[PDB]
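Bound state: DNA-directed RNA polymerase subunit beta + rifampicin.
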Amino acid sequence: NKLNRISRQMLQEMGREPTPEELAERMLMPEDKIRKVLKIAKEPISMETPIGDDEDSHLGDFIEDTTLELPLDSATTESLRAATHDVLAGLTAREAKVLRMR
Amino acid sequence: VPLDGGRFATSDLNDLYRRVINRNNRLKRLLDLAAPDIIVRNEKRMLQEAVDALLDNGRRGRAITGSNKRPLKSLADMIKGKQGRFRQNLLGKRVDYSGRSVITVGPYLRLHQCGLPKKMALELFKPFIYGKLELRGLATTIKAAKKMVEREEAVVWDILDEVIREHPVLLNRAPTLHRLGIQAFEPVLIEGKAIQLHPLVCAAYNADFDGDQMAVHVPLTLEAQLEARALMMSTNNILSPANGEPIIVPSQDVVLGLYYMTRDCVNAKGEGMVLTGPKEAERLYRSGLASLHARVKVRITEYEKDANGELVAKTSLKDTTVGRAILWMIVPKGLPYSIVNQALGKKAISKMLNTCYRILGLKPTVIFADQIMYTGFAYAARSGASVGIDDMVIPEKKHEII
Amino acid sequence: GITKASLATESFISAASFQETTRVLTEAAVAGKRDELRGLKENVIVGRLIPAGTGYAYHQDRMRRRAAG
Amino acid sequence: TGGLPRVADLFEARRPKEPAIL
Amino acid sequence: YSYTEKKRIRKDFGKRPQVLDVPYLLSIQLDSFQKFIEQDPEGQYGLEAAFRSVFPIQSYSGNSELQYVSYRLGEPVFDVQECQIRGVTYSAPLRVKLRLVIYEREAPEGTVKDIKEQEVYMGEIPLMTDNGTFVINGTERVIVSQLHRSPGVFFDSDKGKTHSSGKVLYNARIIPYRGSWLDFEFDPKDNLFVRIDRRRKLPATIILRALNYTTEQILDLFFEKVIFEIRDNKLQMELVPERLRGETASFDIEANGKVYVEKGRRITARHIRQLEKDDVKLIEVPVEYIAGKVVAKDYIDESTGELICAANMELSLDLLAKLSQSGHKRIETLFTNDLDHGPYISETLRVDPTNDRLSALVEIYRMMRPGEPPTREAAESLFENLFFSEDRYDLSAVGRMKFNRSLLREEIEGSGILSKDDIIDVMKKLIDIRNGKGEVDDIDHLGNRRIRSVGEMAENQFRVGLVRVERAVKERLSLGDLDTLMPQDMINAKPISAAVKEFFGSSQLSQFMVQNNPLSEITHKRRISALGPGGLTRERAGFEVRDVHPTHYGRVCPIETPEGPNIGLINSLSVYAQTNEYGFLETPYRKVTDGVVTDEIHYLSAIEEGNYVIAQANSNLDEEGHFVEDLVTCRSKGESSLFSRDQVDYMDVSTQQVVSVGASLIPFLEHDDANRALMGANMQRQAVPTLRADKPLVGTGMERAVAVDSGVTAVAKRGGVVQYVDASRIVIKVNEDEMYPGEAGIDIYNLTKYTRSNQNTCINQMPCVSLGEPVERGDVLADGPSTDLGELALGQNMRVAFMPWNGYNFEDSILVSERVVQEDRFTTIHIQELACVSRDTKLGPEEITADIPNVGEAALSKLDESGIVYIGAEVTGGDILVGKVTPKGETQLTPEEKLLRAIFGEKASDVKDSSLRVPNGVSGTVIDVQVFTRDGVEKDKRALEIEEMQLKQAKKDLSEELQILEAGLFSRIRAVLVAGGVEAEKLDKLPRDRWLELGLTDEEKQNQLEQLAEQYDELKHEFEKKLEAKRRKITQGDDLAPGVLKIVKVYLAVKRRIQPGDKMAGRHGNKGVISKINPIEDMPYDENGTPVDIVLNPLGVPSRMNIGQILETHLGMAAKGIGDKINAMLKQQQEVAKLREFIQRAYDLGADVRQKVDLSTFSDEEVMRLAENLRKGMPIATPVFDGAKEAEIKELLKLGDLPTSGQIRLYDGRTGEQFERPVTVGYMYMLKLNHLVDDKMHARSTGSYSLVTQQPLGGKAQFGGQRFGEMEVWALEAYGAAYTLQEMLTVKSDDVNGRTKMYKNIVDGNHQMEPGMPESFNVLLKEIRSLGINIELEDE
Amino acid sequence: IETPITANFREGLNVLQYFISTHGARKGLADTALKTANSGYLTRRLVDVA
Ligand SMILES: CO[C@H]1/C=C/O[C@@]2(C)Oc3c(C)c(O)c4c(O)c(c(/C=N/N5CCN(C)CC5)c(O)c4c3C2=O)NC(=O)/C(C)=C\C=C\[C@H](C)[C@H](O)[C@@H](C)[C@@H](O)[C@@H](C)[C@H](OC(C)=O)[C@@H]1C
Ligand SMILES: [Mg+2]
Ligand SMILES: [Mg+2]
């Protein structure tokens, strides 16, 4: 709240609005925390938010899944076992055991 | 889930669910404090409104989401929509292994194939290319295959012809109406970013060339390959399901060729002479001796299957022109010469294909249709047809009639 | 009429598609109606073989397995 | 009357404005 | 004839002389905004006017008033160029002087103190570019003019459809510019109803009561009075002899001692004549006729003081007695006629629930705001605030004018709110139309259609800002402390600023300037829209308004409209059209007095043109300008016929004025079907510029005007001689007559160089003049993209042959020779803007450092030490433009990955690679790099170098100005010194700086040297301040978004030529898609051996009726002939005499044309340059409807040496044999639209996926898959394909499991599917189960 | 209209004839663009009932 208040007088007095480090000197704290404080203060945006064309296209429809795993990778996982498991049978029985252990 | 710039975004249900919890919890608290009736009553009503807004919003006040005028979407609105459900309604889910681009002609194609851009086929068949590359041992493992096609090494092009060969692709246009809006073709690798489409099918798709775009789909499962080949294939639907007339009927350029081919003027080079057979008829025309249209008797061999499942043969001297004589070389077997002896307008040229199907069956009709297209375009090009300003003749009596 | 006759469909999952979703779900949920699939529209939603064409062999063979033992 | 809307009226069974009686 | 006309002149066919030349095409856009922002000492539209409305603002009753003095516009923070790169808005500060007066408590009003607060800042309002565009965020945007229903009253029908009983209805609607709607309407029972806005219907009379009108005055206002006298006994009556028309006698009618008519004889012209001439005032009537007659006023019994009958009540034979014995002599009744004057209003009162003013006021307030309890002050207050409040209601001037005009009043200007006289008057007129006298208007007429524009619209939004701040302003002056706060602490910025920002930023009328092409631009800035706020919607209207109207002539173009969802909802402005004084559309006309055609122009609005009889643009007059024929085709009122010699009041100015700039550029338009003509002018706007700006070989004559009026070119400010010519700049030395006395001067034009457009095309200017060439004011200095020598070239004309070629042209397909791509003429240059953002994440900050895990030196070659690609390094797909890395720590890898790093010994970094790399397949050269940095983060090495570089480059530019400028100034000082003390050789010896000392003898020349001194020293300082400011703008840390530390924008210049799949079309509506690119060997060639560039299919010509494309071809061939011919005699070097002779012959062409020509031109130096420019072809001008004719075309072909048929014999380049029949060959102008094949093409195997529902979604620009629809599903259902359909909606898309289980099988070599359940349906289960509905999957 | 188009495309059309021709074109395009929607709606109802 204190931040909103300062920008008001300083809004027309400066004629534009105070720079990101301006309210920083006005405020007690380390003054770089303004950026941090400014982030968490924002309210999240509705994922159902209509965007472009109004075509029921909604913001949430454009948010991709980053925690999934693409098959072009998953394919290489199933392969890498067959690779390393084969190459460990080419060694002595203790080297496979010692390498599988470490 | 987070977004760029460190801001967050969330579904409207949360705003709704949160509310229902708070109010509910508050009521629970308000029970242990022994509040007056007028309050706990008001709190219950407030809870009732919140649950209703959660389930289906808009049946009371249409509660609005925080800081945003637009009413928050409730659980009933997630199912509901336009129309009914969003899931199956147009449209209708995005699908992998697909693509699209501007389409062009490709008259050289047989009716069962289509021109496919090199890059499109590369990105589309990517898993097949990977698997075939390591089936023959050109790539150590699947990863190395990825780097290979990403490097576009010269060796990969031959491997693609293998996975492409017998493997139909589905072609679709934007306004799908009848079942012919999607048809299967055999891919033909083509340099360039444009899709080439057999002209005879351009009628079935109702696809002009004014910049219309078409979509490609890859039939992954084995059952889809055989479904595509035995059902959705181009050659297996030549006839409209709406009416038995062939929909593969030659369209415009081809038919202007055949009209100009079998036609006759009054006086032209070679008029009146006689030739042993259609073979030496072409020899007369191509050498420049005889005009395409001149009245001539030539020996022809026609066929009639009028025996019991058995083809009879008959030969005669037919009175015809040079163009009609040359064209007979294409007509397979049991069709009579009467069918090609006319002027061959667009109307006659369709009933030709129809009779050919109802007599010789499917296979002979397909290969027949191809030849008709090829010869139509070719001879139409020879004809040198054009349109000038002096080609439009105004009546001399117009001013008087007015 | 065509638009009126299409209204009545045994499968409620089919009706919930092109009709008003809310009313269909309610009106069906009270009676405990049990949708047996058997149709096209519903089978497309659930994502299995269409009970026609290539799939007609499958569904037929399954339909007889039902109400048996 | 006639046209595409005429088809829709037919398939919709709609009773005409001033019908006859049988 | 001008100087750039001496370079090339276009041969102009056509007869009709041009009396008026095309005005500035950007007029509307520029003029409008010019009226808005300006200091106007009066109520004319502008910031001044919008201020005077809401001002002065006084507090609530407190006698603390704040008034408004004046405003000013501060200098722009950034100029147009600087504002675009950074991304801010191009705007000026609004500084407004305010005066705060405070009245003494409680006093006769006088001020204790008044503090005049100097210019409190509120908002920055955007500014319009010299070309009429706005920059909102670094992006040029245009605000389209709007077409809406003009304010006033309008009487409509709504016949037919209502109630299906016929009978029609008649309704009136009062639509103010601001404030609530007042609607009046009838019903099938002829009861008048009223509704405010679209709200509940209410009985009309309730408003008169709200105006404080009792029933007695309602009957007295709308009805006449039938006077009844009780004289002797039983009812005599006053008779107006006209009242008996259209009615039959009700009793024995006799007066004046003579019985004129008995009972049952209808009253015709006979009865009325007798009574009028015999002067019969009073007759005796029976007591039963009043059984139906409604008593007019109230009548009470004097004795009992009780009400005998209320007003508007039907009298009876018994009622007359009870009011008769009370001593009542007079009873007033209504005059009612079911034909002339209807008893309508009377029946409305019986449905009126109210009685008095408060009752009506209550019922109105409860109508508008129902459910809430009515209050006396509330009902009174609301009704006074609706139509009577100066704040919430205005019709403004145009509304009042049309209001008064439609009511047949005198005053054209009046109050801006509604008055009791106004509402009452409208009702009377509506009733008059229902009575059969008078007619109804129509919404579609262009006199009732008003045109707004940027200036007016911005004023409305700014008005909204002042009202939403007004509530605030009164609120603060409520509690204010005395002389501490000032008219600053109260008024904020954001409230006013957000009103104007919300408009330009996201308003339906504010949109991206369509800029790939000058015609697209200029046709956007002239555009009309009935959509947006205050307009209709696509779904609501309505074929009547979309359709072309007779009033569209000369105002709106009939043939230029979109062919999409909204047809006729846009149109475009005509060529000569102008916005009327009141805001209507008026067009130029020529006043024809008596029988002579006079050249005085007169602008007539839509209603003005109505009564006059107007002649036709094509008519034949001569000498004094008398109509040759005794009768000529004309249109007078809504219809066209032959009109007599002297009747006609006016005549059309030009043959073009019906169409628009777009349609006016199609040659031989009169020969093309309107459908294909639309498409032509629709597609002509999509033509991408070309590499070599060519010229149209066949043309109209507008292209010169279109080129200049659009800002793409550079026009001479003042005439003179060019001092310096560079591909960068142009310096002109001014002529003395045009030069200002002080400061001397030269005009320096800084040319735009290669840069990105909105559509990702290239916009680049080239100098069209040579060192030391005379140019006069209004001469073309430099061409823009797609402009040639001052004309408009949107493409390149080429040799085309019509003939089927082996099916490669099948539908519209185009077969293009290899010659075209080799000449690189149809090549196009695209400039794409790619960005790299270094953001801040919760895991840590992102580095632009060049250290990227797991990449070789070949990757890092093209990058500098800092990680940014060098300028000029040519790149292809996959190369790294900007190295970027984002922190992700402690990956927590797995056993086999851990062994892998162990064997090959790589330290897997704590940083992940985000670097921006060139998208797959697109390839170009890096022409630029920008680095924006947050203020306070240290600029890296490269970032500092660029800024330092910009400093040096900036300093050089300003210095260049000063050097040429100083010489230009000192060169004038040299000349004035020579006048009176001339020393030529002596003066230029000593240092030039040491000149300012020499004075002069008494004369004005002493004061002239004085003048140049003053302005000189200013330059020293103007340069200084300009240099300083420029330097600071470089060094200032650029402001970024929250969370973004720095941004690197790379500009790639891709050169794409042409390949199969691109769309191409002529101006005549013939589209095409290049099919094959054929070798020159296979191209049809003529006997002379010159191949043909393009082979078109003739079959497209007959079906789609566009015949101009053929004429354009024919004439084109002829044009090229004159070129080839000249090309031979110039390569022959005959001489100027022989050449000159031949050229003159061409420009005459046999008789009666308007072109004129030489040998006024200097016979040697001027003529020879012209011939060199014609050798490519001879430019010809075909006016729109005045264009050339067959005979002239055939005649020009004779001079060409080419056949009359326009067809020749061609030989196939393959077999070499001839082609039967002649074929048409010629030169067609052809455009390359940007639908280019390597944009549209997309393919995806396995991409990203949407989170909410797992479905293919492009995040990398490897675009999500094609959308498979319901109709497409049916297509699969008709075929027997079950498995294709399952795989389509399950494994290929929606199944989060099945997709991976499949992919693994595809590489394994097993084609199968393990389908599972699509995740879409699996979510629907949870949503249903989330409700109280239990949905289970039963059985097995 | 009781005054037909007396000219044709091989000759020129004057101002009036073209202006009168415009309505036919625009109404043609509009009708088809609407008839496009009508067709689709029809197929919808039809395939739904079968
Ligand atoms: C703020 O305005 C927006 C929405 C208003 O909402 C809404 C409801 O009110 C509208 C108004 C008031 C219009 O005057 C309008 C319009 O004039 C137009 C199209 C139809 N456009 N087409 C759409 C694309 N398509 C493939 C071809 C046909 C529209 O839909 C609208 C439109 C609306 O729909 N068309 C044309 O004028 C012609 C024939 C050519 C246009 C040229 C270019 C292409 C456009 O100007 C591009 C540069 C943008 O300018 C628009 C996209 C605007 O978007 C933005 C971001 O700037 C849009 C008008
Ligand atoms: Mg076609
Ligand atoms: Mg098309």
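Naming: A, B, ... by sequence-line order, numbering from 1 per chain. The entry is not shown in full; contacts are counted within the portion that is. Looks like X-ray crystallography, 4.1 Å, at least that's what the header says. Atoms within each ligand, like the ligands themselves, are counted from 1 in listed order.
All instances of rifampicin are found at ligand 1. By chain letter, those with a heavy atom nearer than 4.0 Å to rifampicin are E.
As recorded in the PDB, the organism behind chain E is Escherichia coli (strain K12).
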